[PDB]
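Convention: sequence-line order gives letters A, B, ...; per-chain numbering from 1. We count ligands from 1, going down the list as the structure has it; atoms in each ligand are counted the same way. Only a slice of the deposited entry appears, and the contacts counted are all within that slice. Per deposition record, electron microscopy, 3.0 Å. Keep in mind that the numbers below use all heavy atoms, side chains included, and drop hydrogens, waters and symmetry copies.
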Amino acid sequence: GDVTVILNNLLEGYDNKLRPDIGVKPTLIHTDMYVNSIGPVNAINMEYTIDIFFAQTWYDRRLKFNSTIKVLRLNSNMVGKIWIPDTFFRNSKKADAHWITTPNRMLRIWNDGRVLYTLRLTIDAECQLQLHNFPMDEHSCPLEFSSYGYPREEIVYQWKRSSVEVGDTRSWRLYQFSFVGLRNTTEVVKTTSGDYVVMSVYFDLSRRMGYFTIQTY
Amino acid sequence: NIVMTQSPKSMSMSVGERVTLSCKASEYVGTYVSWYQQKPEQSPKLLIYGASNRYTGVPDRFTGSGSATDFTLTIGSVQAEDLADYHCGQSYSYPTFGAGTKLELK
Amino acid sequence: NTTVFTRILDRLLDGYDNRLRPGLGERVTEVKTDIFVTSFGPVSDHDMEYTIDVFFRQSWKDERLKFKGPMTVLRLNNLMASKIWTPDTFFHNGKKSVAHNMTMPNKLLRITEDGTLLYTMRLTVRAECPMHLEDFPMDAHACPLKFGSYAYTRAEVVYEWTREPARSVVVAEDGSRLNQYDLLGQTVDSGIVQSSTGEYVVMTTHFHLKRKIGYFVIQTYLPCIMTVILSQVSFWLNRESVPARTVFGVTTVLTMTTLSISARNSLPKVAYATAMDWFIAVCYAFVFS
Amino acid sequence: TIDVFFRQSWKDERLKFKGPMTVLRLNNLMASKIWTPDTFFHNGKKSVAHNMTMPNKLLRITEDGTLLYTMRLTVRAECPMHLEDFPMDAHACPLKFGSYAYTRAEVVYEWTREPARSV
Amino acid sequence: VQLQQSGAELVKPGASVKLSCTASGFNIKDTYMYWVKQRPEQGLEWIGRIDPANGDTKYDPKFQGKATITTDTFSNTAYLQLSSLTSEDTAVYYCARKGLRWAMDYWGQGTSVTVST
Amino acid sequence: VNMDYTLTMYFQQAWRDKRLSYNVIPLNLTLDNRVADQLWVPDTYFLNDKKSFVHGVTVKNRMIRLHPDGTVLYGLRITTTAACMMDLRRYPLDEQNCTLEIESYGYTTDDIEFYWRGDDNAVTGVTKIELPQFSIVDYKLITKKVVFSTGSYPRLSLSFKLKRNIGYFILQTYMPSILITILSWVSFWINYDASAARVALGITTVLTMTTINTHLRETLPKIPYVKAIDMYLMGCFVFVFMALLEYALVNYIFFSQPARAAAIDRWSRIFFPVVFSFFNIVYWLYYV
Amino acid sequence: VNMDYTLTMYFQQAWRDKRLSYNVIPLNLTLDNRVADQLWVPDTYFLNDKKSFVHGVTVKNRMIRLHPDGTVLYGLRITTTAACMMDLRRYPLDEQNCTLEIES
Ligand SMILES: *[C@@H]1O[C@H](CO)[C@@H](O[C@@H]2O[C@H](CO)[C@@H](O[C@@H]3O[C@H](CO[C@H]4O[C@H](CO[C@H]5O[C@H](CO)[C@@H](O)[C@H](O)[C@@H]5O[C@H]5O[C@H](CO)[C@@H](O)[C@H](O)[C@@H]5O)[C@@H](O)[C@H](O[C@H]5O[C@H](CO)[C@@H](O)[C@H](O)[C@@H]5O)[C@@H]4O)[C@@H](O)[C@H](O[C@H]4O[C@H](CO)[C@@H](O)[C@H](O)[C@@H]4O[C@H]4O[C@H](CO)[C@@H](O)[C@H](O)[C@@H]4O[C@H]4O[C@H](CO)[C@@H](O)[C@H](O)[C@@H]4O)[C@@H]3O)[C@H](O)[C@H]2NC(C)=O)[C@H](O)[C@H]1NC(C)=O
Ligand SMILES: *[C@@H]1O[C@H](CO)[C@@H](O[C@@H]2O[C@H](CO)[C@@H](O[C@@H]3O[C@H](CO)[C@@H](O)[C@H](O)[C@@H]3O)[C@H](O)[C@H]2NC(C)=O)[C@H](O)[C@H]1NC(C)=O
Ligand SMILES: *[C@@H]1O[C@H](CO)[C@@H](O[C@@H]2O[C@H](CO)[C@@H](O[C@@H]3O[C@H](CO)[C@@H](O)[C@H](O)[C@@H]3O)[C@H](O)[C@H]2NC(C)=O)[C@H](O)[C@H]1NC(C)=O
Ligand SMILES: *[C@@H]1O[C@H](CO)[C@@H](O[C@@H]2O[C@H](CO)[C@@H](O)[C@H](O)[C@H]2NC(C)=O)[C@H](O)[C@H]1NC(C)=O
Ligand SMILES: CC(=O)[C@H]1CC[C@H]2[C@@H]3CC[C@H]4C[C@H](O)CC[C@]4(C)[C@H]3CC[C@]12C
Ligand SMILES: *[C@@H]1O[C@H](CO)[C@@H](O)[C@H](O)[C@H]1NC(C)=O
Ligand SMILES: *[C@@H]1O[C@H](CO)[C@@H](O)[C@H](O)[C@H]1NC(C)=O
């Protein structure tokens, strides 16, 4: 009906290569997560699998419409036509989105230009476990993400109050370990390209003594 | 054939008190138990579709409670027009209804 | 002819927006799903996952795809399914699902004349089956398969089974790649999960399993028992033959040790004691008595 | 496994050009707009055509129409072995390659240098 | 939205009665159509359902052969025909459509059949 | 262990499209393999495949070939890892039979018709297949019309019959157990006064047998029934255990009456090889 | 056993394209990584790699940043399984020396 007219007017004269406020101020992006399951923490490879619902929300004064409907709810058919921040996880050995049955993405454009972009990810993050005190060892190893091409002067990330919210913590594949908590952190790192805003989520794992207690001791 | 044992057979209760009805299924019925309210000389009207989901136009004093086999229909502040039969029927398989409970006022 | 049908198709797609669900303003889309399990794949006990090859069928009502021609049902190609709106059903616990592309995309689309669509896919879902291995190897599991919508809350897209919920998930007779377990029956259910974004409809399907105790018997219990008997023989030997009874004791104790080690390697690295662990502990105690 | 620089060269009269340069060392994406022979390895199992960072290919159009088309590719070929003399055996692992869909009347292959000095 | 059944029938024992259920407000090809009987002062009982899009009809095992359910898509009507009837099925026959969670949200009004001489 | 088998084939299909009919040139056109993305090709899929791909080096290995009357030929070079559910109750003396079902996905039987071209020379190159372990005994081509809840679809089936060779197993798992039993039999020619020697024999034999058994059973999957090789190993283990318990019976009543001990040792020397040969013969005659 | 090693790097290249030169604005433009399909980028390849891939989450991990003087800055996040044969004649008291070769 008229939603087609709105969507056509939003993409008329729209350049998805220029971040919102390209030459005014940095783009503030609020990031939230939802940890479905923290996969097996195999010490041999110093890696661990995690499955999350990464949500990013920012303001885009170009996707600003004025109609009776307050929010536009869309699937992944309009994700490749607007600007989308290039958030990548800096300590991921291999990570990939989900595509069955349809690309697992969500796009919600509010009335004042506020965009919400949500996707499902399975990240094989890396953390060098200091295997001393084994098996009486405790680890707290992170998941770091940041923009790739946009330095601190262009894209600034910022956690929400209630950003990271774990699931049930019972049907996870944490066999030898045990989830005890998490904490979010924001810093600024220096790279050959520029200064980047690096966000981190630290998960605290405590190795329960059972498998090794009955296998070797 | 899944059989639904509805209890009690016939209860009498005064106005303004909490009342509860039970419907125990024989086999597994996940949440596909519906509660219908049939007033005398009328056609049954759906109250609770699925377990614990009020139908459009049903007062908030009706509440369902679901499980695999046991289901419950609780009425809160009972008014004077809630004097009717109350059938429970599963739909996980071919639909089979219960015997119904004749609610009465005293 | 085929130009009448080309004209019908071009009239269908002329003025169609595949970014808008059918009935965006005054209706909630009703997706009638269905599953046909062509083969229940092998339940990987190490990863606590399981594979299942399905014919995932969906069917909604699109009023923007009504036509009137010589044929009633347009059995179109799988490439038309990318120009219309199709629900984005994702599996809530699937790990790495693949959609087959041999030799052409294994999809289907039948547009009925009144708009009723039908869209089937051939999937190989590798879902997660959390297991409580506290009765190993005499345990029974209920491996779930939860699928719902992404980006469409409950006020927009509601899912429903297409037949009686007891007859929706069908398993083929010869479709059992289970060599270790034993599929007992399916069990479907429909609920609503809350979230930070909205309320979503979630359809659940548990496949009840039951482990077969033959392989574990043969390779752990018998060897354990025979080892206990072989240890118990050392009593009927006379007291003068110390070398022999010593060999009996040491060899049996170390055979029990290696059996415990080899029996624990098959299972996931779990942090509680299974039933087999108790049997092996008691046999170990017997050889040490 | 083997890792080769598969060079091919044919003559396309539809690509004659006269300009300031003799040969045109064009990109690897221009080679997707002209005709290129569909060579395949008769006994390959799973071969990859490296495209790191950009597709590993090369196309040189000489001024008289002669094309040069070079690929970099890893071929995981088959090599049936008779192991009656194991571990004192000797093998001859083949690498057969020909055309797909073009019979001998249409496309014939040849070695560019002397057959001894080609591979 | 509105299901209109037929009127009361007074049929001799041993004959066939064909009750009609006209659905106004929707198309019967979208949902199923259940037929329910209710003897006086007893619980509801299922007879059978029909999928009007195909014609697949399922019956209660104790009603197989005795009753048959047909449809008419042009007038959006469901017909229930009792082939051979005794003097015991003097019940009230309701016509209902399946609802959201497989419930029967919209019922008819009831055609109280009567078998006597 | 995966109950699958990988086969590489040149899968060719031939239909008749009247729209691709030309009567200007008299030659059978052979177009680039990229024009197949602009024609209609049947939606053929293998029902029991798990991981397959069209070889894509140096190009997408496909052939499209028109004819002046509309006939289209369309070949691919596929590598399917099909599923092969095996009955291992006779392993390794078993004959397997697993198929390759070729079915059309979208089109019912009133929209497409599958048929082998030649009906006996359709499938070639089977008599040149050299497998390292199995050996193709027979192959069959079948044509059916399966019925699903969405219609009735045509289907072709290509079925092999693989008979497993027994040389490798006779070399690897039967001979070591047989010779370990022969070694265990040595404990009878030693004098019954030796208490360490005979014990050594019987205990080393027992441990060796059990080790071999577990290792071989691991090389295969967690199959819940008793295979044939498992039956042979269990029989060998019973023979070893009996030898050890006969040494123990001799050592029990040795001090009381050595004459009966020597008689039992002779009886064992005579009747362990006989019973073992009888069991071995009945085994190799029940399975072969 | 495979005689190879795996390394993850932030491969970055910098050339000067006189066609992508501008002077009306003073800032260094950082375009979306989808414009790298419309510019010219050098055909750099690693000779001794076996399996390589640019990470693609949440987008294709590459940067393409222009400068006002024409300088183009093109970065990738690669994970190369470079192949390097080892000399184990002094195992395990040995020193391996193996490299990564970058060629046009
Ligand atoms: C070296 O060579 C390598 C091999 O070639 C090469 O890898 C290839 O890279 C390219 C580009 O990066 C990949 O192509 C892209 O893939 C994206 C997603 O990839 C995922 O999915 C594919 C499988 O793709 C199928 O499934 C998706 C999701 O359903 C479909 O969208 C696809 O079209 C395709 O569907 C067909 O096939 C299905 C069977 O699988 C059928 O069921 C279906 O019906 C179709 O027939 C996987 O293979 C990928 O795995 C690989 O990549 C991951 C990356 O992390 C690796 O980890 C992994 O190991 C594998 O390597 C992955 O899982 C596509 O989204 C993308 O298409 C979009 O982008 C292009 C370009 O912008 C658009 O033109 C295109 O239209 C798409 O945009 C539309 O759709 C998106 C949906 O998100 C919208 O958001 C967007 O707005 C737009 O919508 C608009 O257009 C629509 C029509 O297009 C319209 O409907 C809308 O309404 C709207 O108008 C693109 O296809 C390719 O997959 C890689 N292949 C492999 C084997 O890896 C590598 O890059 C090379 N290296 C270098 C350095 O060059
Ligand atoms: C699954 O199989 C289908 C069909 O076999 C594949 O579809 C094909 O995809 C390729 C590339 O995605 C298409 O080629 C493209 O053509 C356009 C012109 O429209 C061109 O601009 C592009 O550069 C590209 O060359 C091809 O047309 C398309 N064919 C069909 C029939 O849809 C699909 O890619 C396969 N997916 C996977 C993951 O293997
Ligand atoms: C391997 O196993 C397959 C699967 O069972 C065998 O296929 C079977 O082959 C027989 C004989 O070719 C078929 O019998 C046929 O039955 C039809 C029924 O109408 C009849 O018309 C034919 O004349 C013939 O009697 C049988 O149907 C078929 N089974 C299936 C499920 O298709 C195959 O024979 C086995 N052997 C080999 C070497 O593959
Ligand atoms: C996640 O990040 C948020 C924001 O950085 C943290 O919330 C702050 O918490 C401190 C101490 O509780 C308060 O003084 C601030 O006012 C909060 N800020 C906001 C914006 O909420 C939160 O503590 C972090 N989660 C942790 C550390 O677990
Ligand atoms: C006296 C004699 O000949 C000896 C030689 C071997 C002995 C057996 C070994 C295995 C034993 C297992 C359990 O300890 C029960 C007793 C048990 C069967 C023993 C009985 C006495 C035997 C037959
Ligand atoms: C085309 O193919 C047919 C059948 O293979 C053959 O008889 C005919 O000679 C071919 N045409 C030419 C020009 O070779
Ligand atoms: C652009 O990059 C150059 C590189 O050194 C730097 O000197 C300059 O300050 C950058 N421009 C801005 C506006 O930061």
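Most heavy-atom contacts to ligand 5: the chain UniProt names Gamma-aminobutyric acid receptor subunit alpha-1. The PDB lists the drug found at ligand 5 under the name brexanolone.
Heavy-atom contacts below 4.0 Å between brexanolone and other chains occur for C, F.
The 4.0 Å heavy-atom shell around brexanolone contains C:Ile229, C:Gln232, C:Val233, C:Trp236, F:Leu245, F:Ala248, F:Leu249, F:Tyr252. In the PDB entry, the organism given for chain C is Homo sapiens. Taking UniProt's list of 4-aminobutanoate-binding residues in chain C, a heavy atom lies under 4.0 Å from brexanolone for no entry.
The PDB entry assigns chain F the name Gamma-aminobutyric acid receptor subunit beta-2.
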